[PDB]
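What you see of chain A is 27-57, 59-238, 240-252, 254-290, where the numbers are those given in the PDB entry. Start at 1 and go down the list; that is how both ligands and their atoms are numbered. Quick note: numbers below take in every heavy atom, side chains included, and nothing from hydrogens, waters or symmetry partners.
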Amino acid sequence: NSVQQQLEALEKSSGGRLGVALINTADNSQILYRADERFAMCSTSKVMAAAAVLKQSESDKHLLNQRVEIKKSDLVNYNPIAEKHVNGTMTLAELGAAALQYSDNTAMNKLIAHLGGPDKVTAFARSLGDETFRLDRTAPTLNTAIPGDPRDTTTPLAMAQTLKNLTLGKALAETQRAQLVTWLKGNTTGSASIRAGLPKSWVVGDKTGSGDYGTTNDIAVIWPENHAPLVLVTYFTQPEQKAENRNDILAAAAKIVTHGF
Ligand SMILES: *C(=O)[C@@H](NC(=O)/C(=N\OC(C)(C)C(=O)O)c1csc(N)n1)[C@H](C)NS(=O)(=O)O
């Protein structure tokens, strides 16, 4: 059956709602499934916050090494890196690395605070031509992922387009683009998500997110060995608040849409 039929069948088996957008940069073709529907981004939103700081750094050569004080009161629900630095400092670069590669929620919050609040992350997305993205809350409440809640949402297509712009395209000056890509490639949290649906030796940069309603997300740039890059967003969410997360669904979707590549 067709790729579309395969995705529909995956969603049917899934017990939830699947959103996929793949951009094949070889020919600019797309594989879209519920790609204009809103999903809670959860921690995939951290890419936008880190990139907003990278944009600022273009015009401030001291920004990435700027010290940020980490206090006990900054710790939240999940902060494996920031907890190592309580009573000390981390640089903005180190906070970007922790936010993206470990999904440290304290690090995300420091990025947001530095920028001046969630609305400034939204403004940065808008500056990239993304009319869809919105950040409304800090971590961890940005991961509540309540069905139909527009807060902290985007669509798979909007996020795939913006991720392509960020990592391979026109959003950031070169040094900054390269830094974002280095961060994403070194992600530690994505083994069982998109990466698990791909050949083991393909190079991937990604950012995961998991929240309530079993909301299980991953956004990736994928470099095949003999082909142009693919940009892939896989979002998944479920009807019940305490549903288990389902990274296996994301891996399955990735395998479906990258077949033949
Ligand atoms: C981002 O998506 C972020 N999610 C959370 O902080 C929530 N749970 O995360 C962990 C991994 C601890 C979990 O047990 O699911 C969460 C659930 S409900 C709520 N308000 N927050 C995590 C840290 N990012 S990820 O990339 O590791 O998924």
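The drug placed at ligand 1 in this model is aztreonam (open form). Contacts with aztreonam (open form) are greatest for the chain named in the PDB entry as Beta-lactamase Toho-1.
Taking every non-hydrogen atom of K234 and a distance limit under 4.0 Å, the qualifying atoms of aztreonam (open form) come out as 26 (O). The substrate-binding residues of chain A named by UniProt that have a heavy atom under 4.0 Å from aztreonam (open form) are exactly: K234, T235, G236. Below 4.0 Å from some heavy atom of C69 lie the following atoms of aztreonam (open form), by number and element: 2 (O). At least one N/O-N/O distance between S237 and aztreonam (open form) falls below 3.5 Å. As modeled, a covalent bond connects aztreonam (open form) with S70 OG. For atom 13 (C) of aztreonam (open form), no protein heavy-atom neighbour is found at a distance under 4.0 Å. Relative to aztreonam (open form), the closest UniProt active-site residue in chain A and its heavy-atom distance to 1 Å are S70, 1 Å.
Distances between N or O atoms of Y105 and those of aztreonam (open form) include no value under 3.5 Å. At least one protein heavy atom sits closer than 4.0 Å to atom 20 (N) of aztreonam (open form).
Nearest-residue assignment for atom 5 (C) of aztreonam (open form) (options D233, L169, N170; heavy-atom criterion): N170.
Among all non-hydrogen protein atoms, the one lying nearest atom 25 (S) of aztreonam (open form) is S130 OG, 3.6 Å.
For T216, no nitrogen or oxygen atom sits less than 3.5 Å from a nitrogen or oxygen atom of aztreonam (open form), counting backbone and side chain alike. Taking only nitrogen or oxygen atoms, main chain and side chain alike, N104 reaches within less than 3.5 Å of aztreonam (open form).
Where the criterion is an N or O separation shorter than 3.5 Å, residue side chain and backbone included, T171 fails it with respect to aztreonam (open form). Between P167 and aztreonam (open form), at least one pair of N/O atoms sits closer than 3.5 Å. Looking at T71 against aztreonam (open form), nothing comes within 4.0 Å, counting heavy atoms.
Residue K73 places no N or O, backbone or side chain, under 3.5 Å from any N or O of aztreonam (open form). The contact residues of aztreonam (open form), taking heavy atoms under 4.0 Å, are given as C69, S70, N104, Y105, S130, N132, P167, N170, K234, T235, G236, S237, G238, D240.
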